[PDB]
Engineer: 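To start, I am sharing the structure in question, which I have written as structure tokens.
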Amino acid sequence: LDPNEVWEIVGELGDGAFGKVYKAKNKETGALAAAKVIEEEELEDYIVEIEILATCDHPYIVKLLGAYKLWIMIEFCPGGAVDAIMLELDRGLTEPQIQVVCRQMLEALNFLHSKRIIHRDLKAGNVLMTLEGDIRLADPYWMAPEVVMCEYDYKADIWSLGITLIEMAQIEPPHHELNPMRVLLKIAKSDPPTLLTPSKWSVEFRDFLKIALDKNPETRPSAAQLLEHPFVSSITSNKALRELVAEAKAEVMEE
Ligand SMILES: CN1CCN(c2ccc3[nH]c(-c4c(N)c5c(F)cccc5[nH]c4=O)nc3c2)CC1
């Protein structure tokens, strides 16, 4: 069952810091793809991840297309990642644009959390866009108190979400100016990040971030509970992202 007859590569989309990501078009049917390509130990570690994605079939999570070196064919999303969008446009996202992403993310998180799965790498570079204006998420008594805590556990996502929303408002996440070494300390030491210009955004945004970014995963809310927040409870149209995908395409056409 050799590949290359099935798919033909027709582009490169981004050498991240994990393999390289190329664009693939089906030889028979004509369909597009994203091909992630790698080449004992690691191989079985990747198979588990692949077989986890097959399971995670939902509107707002990339579809697994196949598995043939090591090829992984995932759905082409022709808007690309939101962080790439934000630079090509050289600006943040409008609150209504942020409202639509926050809500679609929450349905993806709430889905995953019912499957007992965490994402753990939620940032703007892992929120992809379709032309339709929709997102896809990508890729015992002698025990010491601190050992106990590190054995609710899926509230990690909910923190990354609120942090992703700041990334989208402001282009850059909080503490972007310090090196990765010092970040971890700043995270653990500092109070929950707020928006830089509280004046610029609605009272609902500020409060959503207030409750999303609780340092205590006990008192911190589920994807489910957050879906009833005013900030995302009234959101029925993907218009504002339909709008934003259009500009991005237009801006990209420039030469
Ligand atoms: C600079 N202009 C805007 C960004 N540009 C762009 C265009 C299409 C793109 N598709 C993907 C993509 C993934 N990166 C991807 C992944 F990383 C993991 C799993 C599935 C994926 N599917 C994709 O469809 N990125 C794109 C970027 C290049 C042109």
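Residue indices begin at 1 and follow the sequence shown. We read in the header that X-ray crystallography, 2.7 Å was used to get this structure. Basis for what follows: all heavy atoms, side chains included, without hydrogens, waters or symmetry-related copies. Atoms within a ligand are numbered from 1 in the order they appear, just like the ligands themselves.
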Engineer: Identify the macromolecule bound to ligand 1 in this structure with the most contacts, using its name in the PDB entry.
Structural biologist: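 Chief contact partner: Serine/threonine-protein kinase 10.
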Engineer: Which name, from camonsertib, dapagliflozin, sulfasalazine, tegoprazan, dovitinib, belongs at ligand 1?
Structural biologist: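 It is dovitinib.
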Engineer: Which residues in other chains are near dovitinib (ligand 1), meaning a non-hydrogen atom under 4.0 Å away?
Structural biologist: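 With heavy atoms under 4.0 Å, it is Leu13, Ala34, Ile74, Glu75, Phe76, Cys77, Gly80, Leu128, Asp139, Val252.
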Engineer: Most residues of chain A in contact with dovitinib (ligand 1) fall within which UniProt domain?
Structural biologist: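 Those residues lie mostly in UniProt domain Protein kinase.
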Engineer: Which residue in chain A annotated by UniProt as active site is closest in heavy-atom terms to dovitinib (ligand 1), and at how many Å (rounded)?
Structural biologist: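 Least heavy-atom distance to a UniProt active-site residue: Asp121, 10 Å.
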